[PDB]
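Drug MK-1775 bound to macromolecule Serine/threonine-protein kinase PLK1.
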Amino acid sequence: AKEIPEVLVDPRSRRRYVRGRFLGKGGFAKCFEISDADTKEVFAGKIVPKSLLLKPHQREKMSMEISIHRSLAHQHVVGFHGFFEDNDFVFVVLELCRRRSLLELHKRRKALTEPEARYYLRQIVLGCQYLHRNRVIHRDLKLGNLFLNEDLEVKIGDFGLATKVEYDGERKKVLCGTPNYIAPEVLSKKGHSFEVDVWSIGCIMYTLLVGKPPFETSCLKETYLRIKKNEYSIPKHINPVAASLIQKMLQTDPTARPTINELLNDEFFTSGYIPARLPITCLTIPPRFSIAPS
Ligand SMILES: C=CCn1c(=O)c2cnc(Nc3ccc(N4CCN(C)CC4)cc3)nc2n1-c1cccc(C(C)(C)O)n1
Ligand SMILES: [Zn+2]
């Protein structure tokens, strides 16, 4: 195939980026740490080859991604720093969040402490409040696209199943792609709007507090059959205030779920300790939020 260049030049802004460390795959894309050859500032670079964009519909999805993502500015959204092309590749330059994602945390720590879940879910909801205010649905919020910066703030990225909503009342009849925490109105093909991201946040909330995802089996279609039936069980050691918020979010009817603006007014947040920050040791060891050291 075409090999990816070591220095990526944009002719319009006049920048050269050094391509550095590889970070992972995602579909047609490969992701690298990339850095400006003059100013040394480091970015995440999404690189898609044009060999995988030979059909117009795949180009249109790449255009829609860039269109959505470049219109976003928020503390809890991965910041878009530009896009460029060559004859073989599409390049997008994004905020590099150095502490990976909530998925890498989840694999190390399993279930988190309630204050940590409450911390991360607040910032997830704050970033999703930005999106829904701007009429963007994300549609694929998962642990592996909620990226953690060096301070341990959540950054929503990966706008590649995202969509704008163009008129009030609009149900999208189609979702091209397979989101991880797929909502029941998507699975049945009934039609969907903003509620799909609240569903996702409920599955994230379940996963962070329980340590395993809510519907999972060995078969993805039996998992979809469970989502269709609402076949899940919150274990009895989960606090009822948190289990109540999970149950509100993971309802099979979209219109019964809370809207994103309501979430932070829930009793789960408003009667719990929400840390102002978490230290780097929370990636490794469960915090024991002590009132004095020793
Ligand atoms: C640029 C493309 C999209 N995306 C982002 O917006 C983004 C932002 N920050 C990051 N940070 C990041 C930092 C380090 C690492 N790695 C460090 C070394 N680990 C062993 C493996 C993972 C990993 C990430 N990484 C980011 N991206 C990213 C990077 C790898 C994989 C994926 C998806 C979700 C598409 O699979 N997305
Ligand atoms: Zn399609």
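We're numbering straight along the sequence, starting at 1. Just so it is clear, the values below take in all heavy atoms, side chains as well, and ignore hydrogens, waters and symmetry mates. Ligands are counted one by one from 1 in listed order, and the atoms in each one are counted from 1 as well.
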key: Location of MK-1775, all copies   =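 Look at ligand 1.
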request  = Show which other ligands and ions come under 4.0 Å from MK-1775.
outcome  = none
ask   = By UniProt annotation, which domain of chain A has the most residues touching MK-1775?
value =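 That would be UniProt domain Protein kinase.
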ask   = Which residue annotated by UniProt as active site in chain A is the nearest to MK-1775, and what is the rounded (1 Å) heavy-atom distance?
value =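 The UniProt active-site residue closest by heavy-atom distance comes out as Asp140, 8 Å.
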key: UniProt ATP-binding residues of chain A with a heavy atom under 4.0 Å from MK-1775   =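 The overlap, by heavy atom and UniProt annotation, is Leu23, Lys25, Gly26, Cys31, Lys46, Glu95, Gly144.
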ask   = By chain and residue number, what forms the binding site of MK-1775 with heavy atoms closer than 4.0 Å?
value =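 Counting heavy atoms, the site comprises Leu23, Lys25, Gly26, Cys31, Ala44, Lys46, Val78, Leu94, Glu95, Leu96, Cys97, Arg100, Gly144, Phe147.
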